[PDB]
Participant: 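Pasting in a structure now, in structure tokens, and then I'll have a few things to ask.
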Amino acid sequence: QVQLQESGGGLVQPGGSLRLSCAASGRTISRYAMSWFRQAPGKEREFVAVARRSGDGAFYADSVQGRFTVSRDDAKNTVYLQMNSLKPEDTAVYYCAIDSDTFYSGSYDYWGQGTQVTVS
Amino acid sequence: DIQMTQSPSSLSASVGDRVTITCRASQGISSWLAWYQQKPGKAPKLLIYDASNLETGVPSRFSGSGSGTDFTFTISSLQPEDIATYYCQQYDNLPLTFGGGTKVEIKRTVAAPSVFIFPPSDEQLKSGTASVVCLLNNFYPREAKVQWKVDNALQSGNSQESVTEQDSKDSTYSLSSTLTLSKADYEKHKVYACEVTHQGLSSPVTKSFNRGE
Amino acid sequence: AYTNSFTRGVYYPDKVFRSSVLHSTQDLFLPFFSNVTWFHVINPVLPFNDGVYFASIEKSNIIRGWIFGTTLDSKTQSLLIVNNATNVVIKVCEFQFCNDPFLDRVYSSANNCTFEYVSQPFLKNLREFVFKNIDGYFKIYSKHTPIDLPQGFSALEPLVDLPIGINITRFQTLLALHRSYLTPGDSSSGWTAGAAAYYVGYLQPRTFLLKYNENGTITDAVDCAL
Amino acid sequence: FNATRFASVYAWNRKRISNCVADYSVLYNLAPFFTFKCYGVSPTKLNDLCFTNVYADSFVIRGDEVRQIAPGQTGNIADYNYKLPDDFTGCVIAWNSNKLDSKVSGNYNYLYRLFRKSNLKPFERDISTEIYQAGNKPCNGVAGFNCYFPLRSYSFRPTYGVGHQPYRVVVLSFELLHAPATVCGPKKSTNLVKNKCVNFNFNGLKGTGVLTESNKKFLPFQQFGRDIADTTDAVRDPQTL
Amino acid sequence: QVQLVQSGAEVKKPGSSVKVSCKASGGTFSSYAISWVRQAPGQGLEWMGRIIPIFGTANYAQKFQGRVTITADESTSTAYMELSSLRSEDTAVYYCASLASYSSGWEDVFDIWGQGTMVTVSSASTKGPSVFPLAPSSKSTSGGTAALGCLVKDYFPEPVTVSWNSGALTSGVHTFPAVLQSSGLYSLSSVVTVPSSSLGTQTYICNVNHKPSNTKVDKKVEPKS
Ligand SMILES: *[C@@H]1O[C@H](CO)[C@@H](O)[C@H](O)[C@H]1NC(C)=O
Ligand SMILES: *[C@@H]1O[C@H](CO)[C@@H](O)[C@H](O)[C@H]1NC(C)=O
Ligand SMILES: *[C@@H]1O[C@H](CO)[C@@H](O)[C@H](O)[C@H]1NC(C)=O
């Protein structure tokens with residue numbers, strides 16, 4: 001199917017920086033874009049970032065445009081997201097998602113795996 | 001004849017961002033290449049005629065250069081007023097040919113669509129035909145998928161869609177779909193549904209109504 | 001109004017280095033202890049006889065430019081030297097100067113041009129300028145010194161040699177101001193500029209005995225016919 | 001020369017150059033250039049000589065017209081497009097752009113004046129497009145008996161010979177009266193050696209002697225110095241200062 | 001200055017010929033060369049031919065030689081073009097341009113444009129539009145606002161001008177492009193945004209005008225619950 005995984009994370013200090021990793025193998029990586037999501041404890045989902053085939057610039061939401069930077073590597077199927085100036089609100093679980101719409105500018109929301117992130 | 005290729009097909013960058021475009025020709029040239037600005041449905045506006053040669057009234061914003069088979073054009077920054085398509089021209093010979101054209105549009109964040117539905121009216125039904133119209137308004141992506149779920153079942157090949165242009169006020173976009181059916185077919189079903197899926201929405205949005213309401 | 005030009009107006013005559021020698025030079029020099037007109041802002045067209053000596057001891061750089069040409073505002077070629085915030089602008093374009101050249105962007109209308117040049121800006125501080133036009137060359141000598149004319153002796157070094165062969169008989173100076181009306185036929189409208197004074201002197205053919213120190217700097221001179 | 005933006009001889013372009021250096025070793029003399037001619041002076045003398053100012057005019061003409069670009073010449077181009085006096089002194093740089101500036105059946109853009117009411121004055125330019133008086137009285141923007149139009153198109157193409165190809169020609173005129181020399185053609189042409197008797201030149205100041213490093217302190221505006229009795233003691237290097 | 005004046009839109013049956021004009025004014029007519037261009041509804045521009053009235057000669061493109069003739073007359077300073085054996089696809093925007101790039105050291109490029117003429121080829125007949133109102137449902141209201149308007153159907157030929165309240169209302173105006181039905185007739189659509197407090201009660205009116213015949217049609221709209 002769309003088996004996906006992420007690595008890294010965990011406890012971090014407030015106001016610092018963090019790095020998260022996500023990758024896939026054994027399936028096409030171009031026809032579907034790679035997106036992220038956020039979910040606070042017992043709350044609704046929130047989109048974080050997504051990367052397109054061309055890689056022209058980057059895509060972000062309102063609350064993450066000016067703080068987070070995202071990138072993807074087409075030669076290794078690995079993607080990264082940048083964490084900086086961490087605030088107390090960043091105590092939730094992130095998810096790595098695949099835009100399951102073939103060659104589509106938009107996105108189909110579907111998450112494969114996630115991890116926990118918290119600030120001391 | 002001479003054929004030219006313009007790539008990439010479209011550009012996306014926010015106000016105050018650099019943008020560039022390239023034009024290619026079948027054979028190497030060193031002059032007689034122009035660039036045009038054409039708004040939707042309006043006559044093209046001259047930008048460049050001779051290699052790195054601007055005419056009267058062109059601002060310092062736009063510059064061009066290139067040699068050989070390929071030529072390049074650059075836009076230092078963008079404002080809403082210059083949102084339109086750019087074209088490449090070669091006229092070293094009388095058989096003029098024009099490039100495929102490239103579009104530049106404003107880049108911004110996500111805006112959730114406002115999904116609306118129009119049920120048919122009695123007067124329309126009296127003509128022997130029925131229609132249902134679904135609208136998406138004020139959302140970022142330039143194309144949105146609209147699915148019809150009459151009687152909770154997907155339908156295809158029986159509806160038409162309309163497309164608008166980028167909204168200069170907020171750089172948003174709108175899309176609408178129109179379902180059409182005959183009186184017998186319209187009365188055959190009982191429930192009409194329109195489904196919308198967007199990246200910004202937390203989950204798919206569905207609007208539906210029944211025959212009796 | 002007139003003041004005293006004690007020992008000012010001396011400049012290097014021939015760009016030749018000399019060390020610890022006394023050189024007798026014959027050229028256009030400002031006579032010692034000569035009377036020079038005293039003008040203060042708070043500005044008429046003056047003649048351009050064989051030599052002119054310009055000095056200014058006004059802070060804030062109110063004085064900003066000069067105009068030179070025969071039949072000013074006519075078809076004849078004329079100069080336009082102004083000091084912008086970035087670089088100096090020298091134009092030979094027969095500019096059509098108005099009665100009130102500039103007190104506030106441009107003091108003249110469009111006209112044909114023959115030469116243009118730009119360089120770094122020339123500008124309680126004393127500014128001295130000597131302008132000579134001979135054999136088709138317009139030579140400028142300048143010097144700067146913090147600061148009536150001070151008793152201090154100082155020799156003006158050459159600044160630029162414009163290879164322009166136009167004919168010159170008159171000149172006028174340009175002043176800077178703010179919050180003022182751009183009236184071509186009126187002056188002092190609106191806000192008034194700060195206090196500033198500038199002196200004008202005329203050179204004459206004189207013999208001088210310049211004293212060159214070990215470093216090639218003129219330290220003293222004697223007015224031979226005083 | 002590289003611009004080649006003078007396809008039409010009629011209504012040719014003009015340019016003024018002053019306070020510059022015109023190194024002819026690279027201009028009109030390298031392999032890419034095909035032809036180059038001068039009137040009244042040899043290229044070497046031009047390179048070694050200085051001029052007050054240079055006016056440059058560029059135009060593209062056929063092979064049959066290049067011969068008309070010379071003093072006291074006559075012809076369609078000479079009479080109606082670009083006339084020159086018998087005493088004219090200058091140079092013409094002509095390069096054939098047929099390979100890179102011709103089409104199989106194109107090149108209609110190269111226009112020239114085929115007729116005119118009267119011959120142009122020396123160095124005169126005319127952009128008028130009025131009908132030529134072809135036998136009958138000239139038409140006033142109308143058609144008449146003949147009323148032929150003066151301009152015509154070269155229409156260069158491979159089917160034409162070398163004598164009917166788009167020769168890109170640039171003509172320069174030199175001025176020497178009242179010359180405070182500002183345009184010159186010499187290259188760097190510099191060589192230095194010290195500690196031995198040699199004839200030397202520093203922007204003139206011809207002399208002979210041994211050149212050695214000096215401990216003097218020349219001012220920024222001083223070029224050379226003189227000892228007692230006006231003897232040239234030290235000189236500033238134009239290049240190294 | 002220099003300007004060009006073109007005629008109005010003309011419609012003629014397929015297979016016949018269509019006449020167009022483009023008048024020139026300013027300066028001297030002998031100093032202007034008129035070039036003709038065409039633009040289809042979305043496809044790139046197309047070049048038909050070029051004439052120089054002072055020359056007396058003309059040239060035409062290979063794809064359009066024979067079927068296209070160009071004539072111009074100095075007395076009334078107007079340029080004309082002739083098209084023969086028209087076809088349905090000939091429906092396109094037609095422009096007149098002045099090929100001024102022949103006198104002042106400037107070559108093979110246009111600088112001046114006309115107003116543009118619209119021509120359509122079809123077997124239909126000229127008639128006024130049909131307008132009916134929309135009846136949006138109350139349950140469909142989203143964000144405190146509702147969508148409403150009128151539809152202009154079964155009209156021929158273009159152009160068609162659609163406005164609202166005799167032009168007195170301009171906030172939240174949207175008018176989507178025209179479409180062609182399979183029966184050979186054009187159509188148009190327009191929708192507005194209105195607050196909850198005004199819909200149903202305000203005297204909202206949709207305005208339509210058919211300029212080929214200057215037909216005037218207007219209707220009122222009201223939602224339902
Ligand atoms: C400069 O022109 C004036 C007339 O405007 C004339 O009297 C004077 O002689 C000229 N200068 C020279 C050096 O001839
Ligand atoms: C000459 O210059 C040297 C080096 O700057 C300095 O030491 C010396 O005092 C100067 N002498 C005079 C007379 O200016
Ligand atoms: C001349 O050029 C040489 C080499 O670029 C450089 O070393 C030298 O300083 C230059 N001198 C001047 C006066 O420009």
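Note on naming: letters A, B, ... go to the chains in the order of the sequence lines (proteins, then strands), and numbering restarts at 1 for each one. Only this structure's heavy atoms are used, side chains among them; waters, hydrogens and symmetry mates stay out. A fraction of the deposited model is presented, and contact counting is confined to that fraction. Looks like electron microscopy, 3.2 Å, at least that's what the header says.
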Participant: Help me out, what's the drug found at chains B and E?
Facilitator: JMB2002
Participant: Could you tell me which macromolecule makes the most contacts with JMB2002 here? Its name in the PDB entry would be great.
Facilitator: Spike glycoprotein
Participant: Which other chain letters have a heavy atom less than 4.5 Å from JMB2002?
Facilitator: A, D
Participant: Which chain of JMB2002 outnumbers the rest in heavy-atom pairs under 4.5 Å with chain D?
Facilitator: chain E
Participant: How is chain A named in the entry?
Facilitator: Anti-Fab nanobody
Participant: To which UniProt domain do the majority of residues of chain D contacting JMB2002 belong?
Facilitator: BetaCoV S1-CTD
Participant: How would you list the epitope of JMB2002 on chain D, counting residues with non-hydrogen atoms under 4.5 Å from it?
Facilitator: D/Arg5, D/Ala7, D/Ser8, D/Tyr10, D/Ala11, D/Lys103, D/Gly106, D/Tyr108, D/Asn109, D/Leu111, D/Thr129, D/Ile131, D/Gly141, D/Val142, D/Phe149, D/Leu151
Participant: Provide a chain-and-number list of residues of JMB2002 within 4.5 Å of chain D, heavy atoms only.
Facilitator: B/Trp32, B/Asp50, B/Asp92, B/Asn93, B/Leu94, E/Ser30, E/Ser31, E/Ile54, E/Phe55, E/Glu74, E/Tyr102, E/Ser103, E/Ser104, E/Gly105, E/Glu107, E/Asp108
